[PDB]
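Structure of interest - contains cyclosporin A.
The chain called A is the first sequence line; B is the second; the pattern continues. Chain A is numbered as in the PDB entry; the shown residues are, in order, 1-11. What you see of chain B is 3-172, where the numbers are those given in the PDB entry. Should a residue be non-standard, expect its parent letter or an X in its place, and expect its extra atoms to be absent from the contact counts. Computation of the quantities below employed the complete heavy-atom set of this structure, encompassing side-chain atoms and omitting hydrogens, waters and symmetry-equivalent molecules.
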Amino acid sequence: XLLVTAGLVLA
Amino acid sequence: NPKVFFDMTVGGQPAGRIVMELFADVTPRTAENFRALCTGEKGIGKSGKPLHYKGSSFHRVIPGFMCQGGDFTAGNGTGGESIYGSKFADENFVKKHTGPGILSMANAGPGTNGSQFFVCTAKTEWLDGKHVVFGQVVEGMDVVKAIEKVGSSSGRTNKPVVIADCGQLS
């Protein structure tokens, strides 16, 4: 999807 | 409220100055962390590298969404380090993702704030309550547009986007 993460990029 | 800046290069070419106002009057802890990482005030972190955004890159850019950076530790999106000696709590979620230039904290779930941040290139309402908004681009949003232009759907840039210089403006 459209997330903003730090390590595991999700959908 | 303090104002900090990034002088950017895109593909080695100077692209301009991004000027950001930090909401210290709303998010004092989060603002101070960002502000300090702009000046380099605190020196060397536990990672052995300067607590300083200078020289770091935007490693994840999705056009129409946001530009992500803040990894001055590993320089690959896995690193980053706050000034508090560890990851810090979500201070509050008073400020919402209301449009372009919104400056917010990237994380790895609740209470995992480090140094990684993102600048929105549109409204990102779905991130409300999950990511601490702590600033707003007030000058040089056109520079962010130049960064957005080299992004992709995967988030991979096609030119290196670098913070050539950075610091505090007021």
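- Put simply, copies of cyclosporin A show up as chain A.
- Taking the chain with most contacts, the partner of cyclosporin A here is, per the PDB entry, Peptidyl-prolyl cis-trans isomerase.
- The entry attributes the origin of chain B to Citrus sinensis.
- Residues in other chains coming within 4.5 Å of cyclosporin A by heavy atoms are B:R62, B:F67, B:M68, B:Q70, B:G79, B:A108, B:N109, B:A110, B:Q118, B:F120, B:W128, B:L129, B:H133.
- The residues of cyclosporin A lying within 4.5 Å of chain B, counting heavy atoms only, are A:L2, A:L3, A:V4, A:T5, A:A6, A:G7, A:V9.
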Pairs table: donor-acceptor atoms between chain A (cyclosporin A) and chain B closer than 3.5 Å:
from, atom 1, to, atom 2, distance (Å)
A:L2, O, B:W128, NE1, 2.6
A:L3, O, B:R62, NH1, 2.9
A:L3, O, B:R62, NH2, 2.9
A:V4, O, B:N109, N, 3.4
A:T5, O, B:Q70, NE2, 3.2
A:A6, N, B:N109, O, 2.8

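- Looking at the entry, the name attached to chain A is cyclosporin A.
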